[PDB]
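The structure under discussion appears below in the form of structure tokens.
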Amino acid sequence: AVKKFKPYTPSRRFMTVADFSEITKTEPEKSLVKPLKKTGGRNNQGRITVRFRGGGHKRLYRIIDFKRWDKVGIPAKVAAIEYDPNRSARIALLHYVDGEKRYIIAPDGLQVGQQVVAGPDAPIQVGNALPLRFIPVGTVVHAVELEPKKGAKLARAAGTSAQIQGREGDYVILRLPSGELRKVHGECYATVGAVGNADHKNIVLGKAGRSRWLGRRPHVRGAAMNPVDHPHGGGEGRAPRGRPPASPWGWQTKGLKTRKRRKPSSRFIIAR
Amino acid sequence: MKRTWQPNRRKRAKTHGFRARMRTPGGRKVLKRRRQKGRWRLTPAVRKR
Amino acid sequence: XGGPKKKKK
RNA sequence: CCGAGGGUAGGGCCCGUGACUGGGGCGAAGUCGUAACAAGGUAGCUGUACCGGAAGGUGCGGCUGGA
RNA sequence: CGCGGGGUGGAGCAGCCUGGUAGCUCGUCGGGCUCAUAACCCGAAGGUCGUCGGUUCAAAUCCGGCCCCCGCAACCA
RNA sequence: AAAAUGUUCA
RNA sequence: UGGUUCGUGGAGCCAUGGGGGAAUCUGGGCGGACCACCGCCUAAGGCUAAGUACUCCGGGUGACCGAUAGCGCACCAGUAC
RNA sequence: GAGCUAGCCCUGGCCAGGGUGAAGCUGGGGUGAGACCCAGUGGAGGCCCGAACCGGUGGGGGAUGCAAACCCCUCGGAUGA
RNA sequence: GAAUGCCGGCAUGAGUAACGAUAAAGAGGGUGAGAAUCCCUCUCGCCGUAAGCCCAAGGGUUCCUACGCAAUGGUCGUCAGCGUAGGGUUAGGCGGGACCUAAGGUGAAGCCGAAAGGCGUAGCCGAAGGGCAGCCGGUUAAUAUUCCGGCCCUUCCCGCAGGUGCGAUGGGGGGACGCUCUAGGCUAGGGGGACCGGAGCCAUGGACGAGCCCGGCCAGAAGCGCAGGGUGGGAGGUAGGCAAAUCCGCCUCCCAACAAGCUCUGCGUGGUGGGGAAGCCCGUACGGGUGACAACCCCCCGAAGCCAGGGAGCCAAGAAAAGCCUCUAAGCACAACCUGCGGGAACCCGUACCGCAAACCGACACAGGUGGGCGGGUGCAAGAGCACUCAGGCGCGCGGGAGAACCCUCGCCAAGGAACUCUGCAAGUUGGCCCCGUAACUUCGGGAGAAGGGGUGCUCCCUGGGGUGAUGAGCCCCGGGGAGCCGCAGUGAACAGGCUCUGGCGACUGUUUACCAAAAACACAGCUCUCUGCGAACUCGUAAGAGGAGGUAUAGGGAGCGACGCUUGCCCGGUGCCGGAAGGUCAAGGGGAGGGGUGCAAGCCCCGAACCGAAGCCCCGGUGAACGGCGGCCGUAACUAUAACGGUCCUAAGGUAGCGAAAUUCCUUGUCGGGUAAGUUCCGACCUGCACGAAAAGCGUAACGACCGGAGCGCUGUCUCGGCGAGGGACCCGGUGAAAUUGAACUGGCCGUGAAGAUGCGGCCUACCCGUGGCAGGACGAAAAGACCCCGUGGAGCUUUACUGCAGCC
RNA sequence: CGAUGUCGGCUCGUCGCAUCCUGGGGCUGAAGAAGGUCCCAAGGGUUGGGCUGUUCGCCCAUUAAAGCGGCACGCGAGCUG
Ligand SMILES: NC[C@@H]1O[C@H](O[C@H]2[C@@H](O)[C@H](O[C@@H]3[C@@H](O)[C@H](N)C[C@H](N)[C@H]3O[C@H]3O[C@H](CO)[C@@H](O)[C@H](O)[C@H]3N)O[C@@H]2CO)[C@H](N)[C@@H](O)[C@@H]1O
Ligand SMILES: [Mg+2]
Ligand SMILES: [Mg+2]
Ligand SMILES: [Mg+2]
Ligand SMILES: [Mg+2]
Ligand SMILES: [Mg+2]
Ligand SMILES: [Mg+2]
Ligand SMILES: [Mg+2]
Ligand SMILES: [Mg+2]
Ligand SMILES: [Mg+2]
Ligand SMILES: [Mg+2]
Ligand SMILES: [Mg+2]
Ligand SMILES: [Mg+2]
Ligand SMILES: [Mg+2]
Ligand SMILES: [Mg+2]
Ligand SMILES: [Mg+2]
Ligand SMILES: [Mg+2]
Ligand SMILES: [Mg+2]
Ligand SMILES: [Mg+2]
Ligand SMILES: [Mg+2]
Ligand SMILES: [Mg+2]
Ligand SMILES: [Mg+2]
Ligand SMILES: [Mg+2]
Ligand SMILES: [Mg+2]
Ligand SMILES: [Mg+2]
Ligand SMILES: [Mg+2]
Ligand SMILES: [Mg+2]
Ligand SMILES: [Mg+2]
Ligand SMILES: [Mg+2]
Ligand SMILES: [Mg+2]
Ligand SMILES: [Mg+2]
Ligand SMILES: [Mg+2]
Ligand SMILES: [Mg+2]
Ligand SMILES: [Mg+2]
Ligand SMILES: [Mg+2]
Ligand SMILES: [Mg+2]
Ligand SMILES: [Mg+2]
Ligand SMILES: [Mg+2]
Ligand SMILES: [Mg+2]
Ligand SMILES: [Mg+2]
Ligand SMILES: [Mg+2]
Ligand SMILES: [Mg+2]
Ligand SMILES: [Mg+2]
Ligand SMILES: [Mg+2]
Ligand SMILES: [Mg+2]
Ligand SMILES: [Mg+2]
Ligand SMILES: [Mg+2]
Ligand SMILES: [Mg+2]
Ligand SMILES: [Mg+2]
Ligand SMILES: [Mg+2]
Ligand SMILES: [Mg+2]
Ligand SMILES: [Mg+2]
Ligand SMILES: [Mg+2]
Ligand SMILES: [Mg+2]
Ligand SMILES: [Mg+2]
Ligand SMILES: [Mg+2]
Ligand SMILES: [Mg+2]
Ligand SMILES: [Mg+2]
Ligand SMILES: [Mg+2]
Ligand SMILES: [Mg+2]
Ligand SMILES: [Mg+2]
Ligand SMILES: [Mg+2]
Ligand SMILES: [Mg+2]
Ligand SMILES: [Mg+2]
Ligand SMILES: [Mg+2]
Ligand SMILES: [Mg+2]
Ligand SMILES: [Mg+2]
Ligand SMILES: [Mg+2]
Ligand SMILES: [Mg+2]
Ligand SMILES: [Mg+2]
Ligand SMILES: [Mg+2]
Ligand SMILES: [Mg+2]
Ligand SMILES: [Mg+2]
Ligand SMILES: [Mg+2]
Ligand SMILES: [Mg+2]
Ligand SMILES: [Mg+2]
Ligand SMILES: [Mg+2]
Ligand SMILES: [Mg+2]
Ligand SMILES: [Mg+2]
Ligand SMILES: [Mg+2]
Ligand SMILES: [Mg+2]
Ligand SMILES: [Mg+2]
Ligand SMILES: [Mg+2]
Ligand SMILES: [Mg+2]
Ligand SMILES: [Mg+2]
Ligand SMILES: [Mg+2]
Ligand SMILES: [Mg+2]
Ligand SMILES: [Mg+2]
Ligand SMILES: [Mg+2]
Ligand SMILES: [Mg+2]
Ligand SMILES: [Mg+2]
Ligand SMILES: [Mg+2]
Ligand SMILES: [Mg+2]
Ligand SMILES: [Mg+2]
Ligand SMILES: [Mg+2]
Ligand SMILES: [Mg+2]
Ligand SMILES: [Mg+2]
Ligand SMILES: [Mg+2]
Ligand SMILES: [Mg+2]
Ligand SMILES: [Mg+2]
Ligand SMILES: [Mg+2]
Ligand SMILES: [Mg+2]
Ligand SMILES: [Mg+2]
Ligand SMILES: [Mg+2]
Ligand SMILES: [Mg+2]
Ligand SMILES: [Mg+2]
Ligand SMILES: [Mg+2]
Ligand SMILES: [Mg+2]
Ligand SMILES: [Mg+2]
Ligand SMILES: [Mg+2]
Ligand SMILES: [Mg+2]
Ligand SMILES: [Mg+2]
Ligand SMILES: [Mg+2]
Ligand SMILES: [Mg+2]
Ligand SMILES: [Mg+2]
Ligand SMILES: [Mg+2]
Ligand SMILES: [Mg+2]
Ligand SMILES: [Mg+2]
Ligand SMILES: [Mg+2]
Ligand SMILES: [Mg+2]
Ligand SMILES: [Mg+2]
Ligand SMILES: [Mg+2]
Ligand SMILES: [Mg+2]
Ligand SMILES: [Mg+2]
Ligand SMILES: [Mg+2]
Ligand SMILES: [Mg+2]
Ligand SMILES: [Mg+2]
Ligand SMILES: [Mg+2]
Ligand SMILES: [Mg+2]
Ligand SMILES: [Mg+2]
Ligand SMILES: [Mg+2]
């Protein structure tokens, strides 16, 4: 839906906030299962190695369930859907009859009170997790494992999915959010449905501060700098570059393919 | 204005203390040099309890 | 002193 | 007290005027091209969109005031 | 002032560096086709090559001096 | 298959 | 590739990182590419005084200084600052 | 050497008093149901005035200064990057 | 004898500048060898969201006291923060540690690295964060939540008395958290009082009065009382909480849905304890006595503080661990644990004093810097603002005279109002609140405090709402209406926008050159391009490792543009990037035609042609929101003029829209038009654009601006054009007393001359010796071995299709 | 070049005359008035604005006239910037 504001201030005239109506009466989270201390820090042991990180709201990590094959066969009741500061998506709090409480990343269409479960069994319904094989060709799916028993790694961003395209002996072909065509092992779990919160892309930050709230420090142009700092630094009053556009570290930034050629992963990929 | 000396007993101790110098080869040599020199004070005297 | 002023005037 | 009126400030409607600019009307025999009327030599017209010295061209849908 | 590029039939351009041979398009002229014009077709004419010098057996062509034309430069005070 | 034009008034 | 006077030089010898990979005296390395001949040695295990270097320390001497010199310090100096 | 300074991390503190009056609520109106409109409530904001506080715009003084960046008048922000 | 030489010493300027805020001093009396400066009294001024109190950091004897003045004090000094000596810092409850965990540090296992070393889950360390039991008075010259007095708590250990399956570093719960706004009841704090208590006081015209003045509390266990915070009670089933659980979690039936009940705080009350003014009398360098049997009560305002883990709303979604409760396991249940009561035990370090400053950071008794808490009263709408003033603390460690110039800081001015000037720079006008009233434009919010105005004090009368009180008196808040009074003037003092029109740039709040640039630079939301399938790309590190990210294409890295609106054209030849299992070239290596050297020979040893040989380059395509680029010359229309139209050469293609003398326009003050008496500027136009132009974006855009330009009104000392006055200096006297500089000096003008700008040489002229206050023409004045410039086969930063390497990648 | 601060403005001036005005004079194609030109003469005087950093210049309103130069394109230990 997206919340919109009137221009009672500049920067409030474009600004735009998510709709939280799917956030069920459960705004503060769940101890026990999560949260952990989350360790803010824009850099490695010592030095900054990703520029322009820092500031922005304190967070608690929700330790979510990315391998659903523990509770094969054990169903769970979806108890709530809550805000997760550390991902684009929303998260489902679910209660297993087992007693155990996990969070699942919350798919589009998930309703509270719903039944959900994981395993070879598993009715093909939104919320359920299955090894890729038993899932019908053509159904859209998410939180897909890359290699079996290694955890969900594909399609967890808000409003993303992959679609099952066909099969090939032990592998089923996937069409990933990027549009790539991937052979992913049959035995990999993946949960049916799309991610949801799909209006995430429609949000307009609206002002500088908002950027900072999310811990995004000001990014400065190479043009703004000096020859010591950047290939684009200097010279006089503005300058068009004077070389093929580059990163600060000298590599070209328009076109230069960067995936290494001889990756053994290659023989499992069929697209862009 | 604000000058450059902003005394702190903990800082002076953690920074220039006998135990800091002892911790690394760089520092151990400092004690060696100061000893051979005949320095009355190997490290700065940080006070208080 | 140590300068550090540049030769202006 | 009110008060003709004068003063100060700020709006509204109308008239006149202005370097320049826009298209228009009209003025026998100036220029360029051929759009339309015959199937006008690409049927025409059309709303819209883009483009082109100019009529105009073309895309999409429509019409018979054409086959 | 300095630099380097150019004047070739009526118009716009080749031809030079490896000297002896001036060609292309348009235009012009004569003839056709058309009722007539253009378009189109067949023929033809037209160049002291900016000048002054000489280098050579021979100069559009190579070398000097002027004459216009075009472009670049004139910085630090 | 391609083919433009015909000064003004009677 | 390093070492040797040897800077690829005709470049050996001595070390070695990589690859291949023997032999036990009729076996093996060397005498400056290489081959022959003639000779010198016996690798891939280790220990070994003395002669040599040095002067914190003790002593002796001086065509060494004599308090701006001689060590930074002749004096409670690596102090005061 | 980051006790100045730059950034980030962890944990605390601070921001007088005034204004302006968004969403949303409640009532009324309207409609087939709506959209929407009126109040009333509400208290939003890199919102406004303005101390503390953080600054350093303009001018004057200062120039072996009170001061190796100060002082006077004036001025920017002041619930947020 | 020289090196702007080095060390030291002493001169010069010089009794000159200065003596550190313009908050301010006068006098009497002491003490003393000696007093503007020390002690005391009186008078005066200054601070009072401090220039007053209390901590933290830091400082380390500065604290108190005795005796002292050589030096330190910008003067003096009998004084001191200085010298000599002595004295002073008391804790189970405050803080820190025998408690906990955060970032981070360290680090067993383990991984890595030529060595030194680097990483690293557990654990440990690590603190104004979590946890934790003292409040109020009294004493010292100097310490007190520490000693003492009263009242009240905390742990251990050993006992008795009784309760129960007790019981782990293990499980679970709790602890436990954001921002903004907030309700109810309290306390701190404050105002008032005809009531209570007090020494006193009638002055100078009047007042013996419900008169003036001063003061009317604090702490306090249990139990209450009032606020409020926490929390459902059962019974079954159970596969999860990494062993086990009765616990928790998940189901299913009952009763509650209430704070009824359990507890937990806060506040009142409380056995009792303590305090207790003005004034007067005393002797202090200060404290004491009395006032006292002191009284110790009633209203009112009221928090940002307490009840606290309260409530509501919002998005950016808001530490951990232990104490604490509980569950069980090994063990053991003559243990052990819990409740109650007794006795006993309760360590280590800090405590002085400064603490917005003369004791900390600035070489100084330095006008600067320095974190937290309290910060009273009145009035001005409020308030931590502003003026004065409680308490408290100061008059800033040189003074005394004088009444010049000139400077600083400030007040006022005839008439004119910007004529000043690069510019209204500066200074003035305006100014608070309440109420009328407000334009273009606009993204519908704004522009708005538009602009422009009126009201503002005091007296009396009438009157409407609340709040606390019972539905009332009072006390406290908002109002309305009507008469009237005075002054030049009613936010009468102090704090408090000048306004408008129109361009340029940037959307905007923001950020920036600490120490000359705050902007149109940077950033910014947003747009696009590109990279990246996750052991991601990218980055740091030799590596291990880590960031990215405990993220996963709505994600992350790089680049450009920089809200928004309308848009962003043509060129892929060159350069870059992307795509091409062909072809050309291609290094090691494979391959050996064949040749060479030695050998009597088998052999040993050299070279070495075909051919097989990757990437890269070539080559073939693609690609401009990739690096970039986007023409010239002639002719032509029935007045001329101009050229829709034509020819031609060249290119990879020959700048479209929109804009244009521009932050771009050289010729240039282009030419018209506007504003002005007059306008190299400014605005609007024309287009001949030296040399605009579409994401190094193009043209516009409401709002916004310590940005830049133009104009106008208002208003002025900016000016015409100055004048007067104030104080701080200057000046004189007493005291203390520098500096840069300096070859030496007995240092005149002119005209000449001289290395070409003479006090010093020549000629003439003028001029008794020496100071003080001033002015700056000169001593090519001072200060810095010229920053410009050039030189040196001097040095650095940067660049690239300069050379040669290296990382990285292939 | 071990430093001579470099434009213009303000301020304060002073000097040369090859004079802008005023005084005196010759010639005039000088009727008069008003001009033209040359000689003598510097004693004194030589405005205020708009524009521009400007010097200069162009303008507006005047005037007896709106003089020209030198003095380190006079004058920054005088100011401005
Ligand atoms: N008046 C007609 C409107 O204006 C235009 O028409 C104007 C012109 O286009 C037109 O020009 C014509 C031209 O078309 C035609 N081929 C040649 C003719 N000689 C011209 O004529 C014009 O110019 C001449 C002067 O020389 C005048 O005398 C005459 O009046 C005038 N019509 O003359 C018209 C003025 O009267 C549009 N073309 C027409 O379609 C429109 O409806
Ligand atoms: Mg926890
Ligand atoms: Mg690192
Ligand atoms: Mg480290
Ligand atoms: Mg940027
Ligand atoms: Mg820059
Ligand atoms: Mg660079
Ligand atoms: Mg440029
Ligand atoms: Mg560049
Ligand atoms: Mg009009
Ligand atoms: Mg036709
Ligand atoms: Mg047709
Ligand atoms: Mg047609
Ligand atoms: Mg159409
Ligand atoms: Mg077309
Ligand atoms: Mg220069
Ligand atoms: Mg025709
Ligand atoms: Mg006809
Ligand atoms: Mg006729
Ligand atoms: Mg060698
Ligand atoms: Mg060998
Ligand atoms: Mg040998
Ligand atoms: Mg030999
Ligand atoms: Mg041998
Ligand atoms: Mg001797
Ligand atoms: Mg001697
Ligand atoms: Mg010595
Ligand atoms: Mg010595
Ligand atoms: Mg409302
Ligand atoms: Mg508000
Ligand atoms: Mg604000
Ligand atoms: Mg403000
Ligand atoms: Mg700053
Ligand atoms: Mg000599
Ligand atoms: Mg000197
Ligand atoms: Mg000396
Ligand atoms: Mg003097
Ligand atoms: Mg003097
Ligand atoms: Mg003096
Ligand atoms: Mg003083
Ligand atoms: Mg005495
Ligand atoms: Mg006062
Ligand atoms: Mg002492
Ligand atoms: Mg003392
Ligand atoms: Mg003294
Ligand atoms: Mg002093
Ligand atoms: Mg004494
Ligand atoms: Mg003392
Ligand atoms: Mg404690
Ligand atoms: Mg102990
Ligand atoms: Mg610990
Ligand atoms: Mg840790
Ligand atoms: Mg470590
Ligand atoms: Mg500890
Ligand atoms: Mg604590
Ligand atoms: Mg138990
Ligand atoms: Mg626990
Ligand atoms: Mg009387
Ligand atoms: Mg009590
Ligand atoms: Mg279990
Ligand atoms: Mg008493
Ligand atoms: Mg709450
Ligand atoms: Mg622990
Ligand atoms: Mg436990
Ligand atoms: Mg104490
Ligand atoms: Mg104390
Ligand atoms: Mg004390
Ligand atoms: Mg303070
Ligand atoms: Mg002082
Ligand atoms: Mg001070
Ligand atoms: Mg402060
Ligand atoms: Mg207060
Ligand atoms: Mg007020
Ligand atoms: Mg104040
Ligand atoms: Mg006046
Ligand atoms: Mg007047
Ligand atoms: Mg006026
Ligand atoms: Mg003017
Ligand atoms: Mg003027
Ligand atoms: Mg101006
Ligand atoms: Mg001003
Ligand atoms: Mg403006
Ligand atoms: Mg503007
Ligand atoms: Mg801006
Ligand atoms: Mg700003
Ligand atoms: Mg600066
Ligand atoms: Mg500045
Ligand atoms: Mg600014
Ligand atoms: Mg990683
Ligand atoms: Mg991570
Ligand atoms: Mg990206
Ligand atoms: Mg930009
Ligand atoms: Mg920009
Ligand atoms: Mg821009
Ligand atoms: Mg191509
Ligand atoms: Mg190209
Ligand atoms: Mg290309
Ligand atoms: Mg390629
Ligand atoms: Mg190849
Ligand atoms: Mg483009
Ligand atoms: Mg123009
Ligand atoms: Mg330009
Ligand atoms: Mg004009
Ligand atoms: Mg004009
Ligand atoms: Mg441009
Ligand atoms: Mg561009
Ligand atoms: Mg004046
Ligand atoms: Mg005075
Ligand atoms: Mg004196
Ligand atoms: Mg003399
Ligand atoms: Mg001379
Ligand atoms: Mg002489
Ligand atoms: Mg002389
Ligand atoms: Mg002088
Ligand atoms: Mg000098
Ligand atoms: Mg020099
Ligand atoms: Mg050289
Ligand atoms: Mg050198
Ligand atoms: Mg020089
Ligand atoms: Mg000199
Ligand atoms: Mg004369
Ligand atoms: Mg005459
Ligand atoms: Mg003007
Ligand atoms: Mg001007
Ligand atoms: Mg000049
Ligand atoms: Mg003169
Ligand atoms: Mg000159
Ligand atoms: Mg000059
Ligand atoms: Mg100056
Ligand atoms: Mg001078
Ligand atoms: Mg300037």
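Convention: sequence-line order gives letters A, B, ...; per-chain numbering from 1. Per the header of the entry, the method used was X-ray crystallography, 3.6 Å. The entry is not shown in full; contacts are counted within the portion that is. For ligands, and for the atoms within them, numbers begin at 1 and follow the listed sequence. Note: hydrogens, waters and symmetry copies are ignored here, and every other heavy atom, side chains too, is used.
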Give the name, out of oleandomycin, netupitant, gossypol, paromomycin, pexmetinib, of the drug at ligand 1. paromomycin
Which chain is the largest contributor of contacts with paromomycin here, and what is it called in the PDB entry? 16S ribosomal RNA
Tell me the other chains with a heavy atom below 4.0 Å from any atom of paromomycin. D
